[PDB]
Amino acid sequence: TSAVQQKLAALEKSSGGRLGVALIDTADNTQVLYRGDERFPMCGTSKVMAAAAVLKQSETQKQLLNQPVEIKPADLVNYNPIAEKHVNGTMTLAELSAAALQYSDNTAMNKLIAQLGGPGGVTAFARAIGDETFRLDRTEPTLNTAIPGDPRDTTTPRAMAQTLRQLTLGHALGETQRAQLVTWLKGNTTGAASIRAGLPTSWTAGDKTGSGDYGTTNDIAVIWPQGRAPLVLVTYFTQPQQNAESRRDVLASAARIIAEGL
Ligand SMILES: CC1(C)S[C@@H]2[C@H](NC(=O)Cc3ccccc3)C(=O)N2[C@H]1C(=O)O
Ligand SMILES: CC1(C)S[C@@H]2[C@H](NC(=O)Cc3ccccc3)C(=O)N2[C@H]1C(=O)O
Ligand SMILES: CC1(C)S[C@@H]2[C@H](NC(=O)Cc3ccccc3)C(=O)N2[C@H]1C(=O)O
Ligand SMILES: CC1(C)S[C@@H]2[C@H](NC(=O)Cc3ccccc3)C(=O)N2[C@H]1C(=O)O
């Protein structure tokens with residue numbers, strides 16, 4: 001138990017919920033874990049794996065990202081800020097990837113999942129890049145039920161941090177695809193209250209948030225601290241009551257503890 005792990009435990013104790021953290025510091029490859037091997041519901045953070053899998057497919061199909069996908073009225077689900085504008089029209093796979101990542105559009109995520117052959121296709125890509133933990137079992141919006149003890153649509157902080165590192169800083173994707181993914185993450189619109197609220201302003205980052213039932217509040221990020229090699233940070237948080245409120249502040253607090261511990 002490290003000093004940082006002790007502060008994370010204190011934060012968790014005061015939060016009432018269950019906190020999972022995984023940091024990889026690429027300056028030396030060291031890691032900091034808190035419940036790093038416990039499973040948590042991914043919710044929207046799973047959108048990174050789906051977009052990355054489509055990017056992988058695009059490496060052998062130069063026109064894939066320009067394929068027009070039909071958006072029908074019935075395709076709309078619970079949260080579709082971008083897709084709703086294109087009902088009875090089409091969106092390209094690039095448009096669907098950007099909407100899923102940067103706006104957390106659920107209809108867009110469902111189109112990425114369908115392009116991959118269903119939730120199992122997203123899981124297959126994860127296995128192909130060495131992630132033996134990740135599992136996607138359902139489409140949107142049910143993949144966000146986040147029921148405690150339910151293994152569906154979960155991963156561990158350790159696994160997600162390693163995967164995010166390989167996707168954004170490593171060679172799991174071709175260079176062009178890696179750059180596209182990083183560009184999309186850096187352009188996220190939903191993350192200012194989460195991990196990034198706990199980092200010094202000078203630091204830059206890309207992230208993908210997630211939210212679900214049980215007050216599930218998640219964020220995964222790739223960070224470029226001022227004058228330091230990048231970090232990869234995963235912060236997952238879930239609560240005992242189905243109707244619990246979101247706690248993005250708890251993710252900010254975890255990130256702050258990690259940053260001050262550097
Ligand atoms: C924008 C959101 C807050 S909502 C969207 C998706 N989750 C859901 O659609 C399900 C949900 C269930 C209960 C409470 C919030 C969201 C998901 O995850 N999303 C969040 C995000 O990207 O941070
Ligand atoms: C149903 C589809 C697979 S077809 C349309 C678009 N597909 C293409 O651009 C090439 C293609 C044509 C026929 C069958 C598969 C792929 C694309 O992607 N679309 C999918 C959709 O609308 O849901
Ligand atoms: C492409 C890779 C297989 S290589 C990189 C990392 N593996 C290593 O860094 C192995 C290594 C050990 C010591 C010195 C240099 C490289 C790791 O895992 N990475 C994968 C990735 O980037 O997606
Ligand atoms: C110091 C570096 C040359 S290495 C560090 C990071 N690169 C990686 O994390 C590559 C990698 C990906 C997956 C697994 C292992 C290594 C990255 O980018 N970093 C460079 C930097 O900050 O200048």
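Position 1 is the first residue of the sequence, and the numbers go up from there. Hydrogens, waters and symmetry mates are skipped; everything else that's a heavy atom, side chains included, is used. Whatever order the structure lists them in is the order used to number ligands and atoms, beginning at 1. Structure determined by X-ray crystallography, 1.5 Å.
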Engineer: Quick check: what drug is at ligand 1?
Structural biologist: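 It is the drug benzylpenicillin.
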Engineer: Could you peek at this structure and say which chain has the most contacts with benzylpenicillin (ligand 1)? A name from the PDB entry would do.
Structural biologist: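 Its main partner is CTX-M-9 extended-spectrum beta-lactamase.
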Engineer: Mind checking whether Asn78 has an N or O less than 3.5 Å away from an N or O of benzylpenicillin (ligand 1)?
Structural biologist: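 Yes, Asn78 has an N/O under 3.5 Å of an N/O on benzylpenicillin (ligand 1).
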Engineer: Among all the protein's non-hydrogen atoms, which is closest to atom 5 (C) of benzylpenicillin (ligand 1), and how far away is it?
Structural biologist: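 Here the closest protein heavy atom is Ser104 OG, 3.9 Å.
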Engineer: Below 4.0 angstrom from a heavy atom of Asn144, which benzylpenicillin (ligand 1) atoms are there? Numbered from 1 as shown, please.
Structural biologist: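 Heavy-atom distances to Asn144 below 4.0 Å select 7 (N), 8 (C), 9 (O), 10 (C), 18 (O).
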Engineer: Taking non-hydrogen atoms only, is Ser211 closer than 4.0 angstrom to benzylpenicillin (ligand 1) via side chain, backbone, both or neither?
Structural biologist: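 The part of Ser211 near benzylpenicillin (ligand 1) is both the backbone and the side chain.
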Engineer: Quick check on contacts: which atoms of benzylpenicillin (ligand 1) are under 4.0 angstrom from a heavy atom of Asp213?
Structural biologist: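 Counting atoms of benzylpenicillin (ligand 1) from 1, those under 4.0 Å from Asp213 are 12 (C), 13 (C).
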Engineer: Under 4.0 angstrom from benzylpenicillin (ligand 1), any heavy atom of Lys208?
Structural biologist: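 Yes, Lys208 has heavy atoms under 4.0 Å from benzylpenicillin (ligand 1).
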Engineer: Only heavy atoms count here, so choose which of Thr209, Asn243, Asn106 is nearest to atom 9 (O) of benzylpenicillin (ligand 1).
Structural biologist: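 Of the listed residues, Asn106 has the closest heavy atom.
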Engineer: Please list, in number order, the atoms of benzylpenicillin (ligand 1) under 4.0 Å from a heavy atom of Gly44.
Structural biologist: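 That gives atoms 17 (C), 18 (O) of benzylpenicillin (ligand 1).
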Engineer: For benzylpenicillin (ligand 1), is there an atom lying under 4.0 Å from some heavy atom of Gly212?
Structural biologist: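 Heavy atoms of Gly212 do come under 4.0 Å of benzylpenicillin (ligand 1).
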Engineer: With heavy atoms under 4.0 Å as the rule, classify the contact between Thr216 and benzylpenicillin (ligand 1) as side chain, backbone, both or neither.
Structural biologist: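 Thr216 to benzylpenicillin (ligand 1): no contact under 4.0 Å from either part.
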Engineer: In this structure, which residues build the binding site of benzylpenicillin (ligand 1) when a heavy-atom cut-off of 4.0 Å is applied?
Structural biologist: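 Using heavy atoms under 4.0 Å, it comprises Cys43, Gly44, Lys47, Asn78, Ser104, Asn106, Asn144, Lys208, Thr209, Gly210, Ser211, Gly212, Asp213.
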Engineer: Polar pairs, benzylpenicillin (ligand 1) vs protein, N/O only, below 3.5 Å.
Structural biologist:
unit_1, atom_1, unit_2, atom_2, d
benzylpenicillin (ligand 1), 7 (N), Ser211, O, 2.8
benzylpenicillin (ligand 1), 9 (O), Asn78, ND2, 3.0
benzylpenicillin (ligand 1), 9 (O), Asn106, ND2, 2.9
benzylpenicillin (ligand 1), 18 (O), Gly44, N, 2.8
benzylpenicillin (ligand 1), 18 (O), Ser211, N, 2.8
benzylpenicillin (ligand 1), 18 (O), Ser211, O, 3.1
benzylpenicillin (ligand 1), 19 (N), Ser104, OG, 3.4
benzylpenicillin (ligand 1), 22 (O), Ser104, OG, 2.5
benzylpenicillin (ligand 1), 22 (O), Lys208, NZ, 3.0
benzylpenicillin (ligand 1), 22 (O), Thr209, O, 3.4
benzylpenicillin (ligand 1), 22 (O), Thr209, OG1, 3.0
benzylpenicillin (ligand 1), 23 (O), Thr209, OG1, 2.6

